[PDB]
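Here, praziquantel is shown bound to glutathione S-transferase.
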2 protein chains.
Amino acid sequence: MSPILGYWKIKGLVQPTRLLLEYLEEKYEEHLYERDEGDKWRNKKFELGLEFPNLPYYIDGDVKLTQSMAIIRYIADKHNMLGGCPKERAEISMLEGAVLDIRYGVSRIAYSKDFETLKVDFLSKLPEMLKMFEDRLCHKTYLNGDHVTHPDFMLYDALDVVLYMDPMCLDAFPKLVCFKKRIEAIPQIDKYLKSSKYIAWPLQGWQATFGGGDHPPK
Amino acid sequence: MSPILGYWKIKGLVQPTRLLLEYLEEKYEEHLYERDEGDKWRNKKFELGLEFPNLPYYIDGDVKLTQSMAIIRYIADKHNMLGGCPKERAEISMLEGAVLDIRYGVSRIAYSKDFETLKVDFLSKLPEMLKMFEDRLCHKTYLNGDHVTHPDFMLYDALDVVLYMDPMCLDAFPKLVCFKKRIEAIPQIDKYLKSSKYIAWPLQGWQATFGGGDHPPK
Ligand SMILES: O=C(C1CCCCC1)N1CC(=O)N2CCc3ccccc3[C@@H]2C1
């Protein structure tokens, strides 16, 4: 039957998996927990059969899985998108972790009261990270060529996210901008983003110092 | 010719890759940068041919690679250790990210002046993370059975590391303790740990609030 994807009803860790499932035109159900609903989760937490209980979880009946990167790589794996030979698979994994750099970087410093003096710091590093993708896309449509791999949706979510921190960070990175529009112009992604299903906010969990609330940026 | 592994001469991100190379009895050379030696790196940084310049890097001549997880998964991949089918590969990736939870968790909070009020926090979560591995090993020799996979050396390094934060954190987790002794009793790991090659400290980069210096714990 339909896979279950469970996470908080935020963007957070699972957003790229959602966009990949949407792109692959795959059926899945979600358990979203809303913010009053910790208790819900803590209960079910250990009755679900996960060996490493966590959120997000992905249950299949081939598979019960709890790490966001194990989940997105599995879905991709199931569709042959993962690699191809050690070299190609390493390519994709290096792209993966090159965008976690950016995205986990937001997250390190969201939740600090010190966010604001932290922010200024992390924005000095951003453009050097960005330039690396911009250079990558200087001759490709997608991160790995003419074909969407899972890290393209990781990068879309990173870009989506760092644009709330500093709406000007992609002036200067015109390929990166077009890449963004390009993902939004895939018709499954277009549909989904118009969907009742699309969770537009928060970026992180509701309590965080940036991306939280049910809000506005910074 | 021999692969090059470049990192700071600390344990840090690359320690599990080193132990895997050692276990697989593979030849590699390292470029270690010492602490006076930022400038060294920044120079070479962009003359090395890495598409995403970073440390650690791994150069092969099939491959120039810069994300620690892309590097260790490649070396493992090259030796067939990675997976086997989408399900098995997801198993290994979930174990991977279940131990980054612990290890990146140290790292989040090393480098803060607030480490000490941060420490107390993170130690409340540790035992719940630990219990998950302890339960996992309750019937296996290694994380995935009777055979070492790359996440076993990830877990060894995590354990090695959280033992400096709280030398008592594994009283209570006797399987975890034996797993540690068990990795140290593999003869390639035994040799290496006795080696001139073994970098015993620092755990993180020299400037960090825990695991830094050329030191003692906490
Ligand atoms: O614990 C982790 C793991 C959890 C398991 C799956 C892998 C990551 N973290 C979570 C986290 O918040 N950060 C802070 C930001 C950051 C930046 C660079 C490198 C690492 C990190 C870590 C990664």
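Each chain gets a letter, A, B and so on, in the order the sequences are listed, and its residues count up from 1. Numbering of ligands and ligand atoms starts at 1, following listing order. Values below: every heavy atom of this structure, side chains too, minus hydrogens, waters and symmetry copies.
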What ligand numbers or chain letters correspond to praziquantel?
ligand 1
Other-chain contacts of praziquantel, heavy atoms, cut-off 4.0 Å
A, B
Find the UniProt domain of chain B that dominates the interface with praziquantel.
GST C-terminal
Closest to atom 15 (C) of praziquantel (judged by heavy-atom distance), picking from B:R103, A:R108, A:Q67, B:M69:
A:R108
With respect to atom 3 (C) of praziquantel, which of A:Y111, B:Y104, A:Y104, A:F52 exhibits the smallest heavy-atom separation?
B:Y104
Which UniProt glutathione-binding positions in chain B have any non-hydrogen atom closer than 4.0 Å to praziquantel?
none
Considering distance alone, does some N or O of B:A98 sit under 3.5 Å from an N or O of praziquantel?
no
Residue and atom name of the nearest protein heavy atom (relative to atom 5 (C) of praziquantel), distance in Å to one decimal:
B:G97 O, 2.6 Å
Residue and atom name of the nearest protein heavy atom (relative to atom 18 (C) of praziquantel), distance in Å to one decimal:
A:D101 OD1, 4.4 Å
Starting from atom 7 (C) of praziquantel, locate the nearest protein heavy atom and write down its residue, its atom name and how far away it is, to 0.1 Å.
B:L100 CB, 3.2 Å
What are the neighbouring residues of praziquantel within 4.0 Å, counting only heavy atoms?
A:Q67, A:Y104, A:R108, B:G97, B:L100, B:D101, B:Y104, B:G105, B:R108
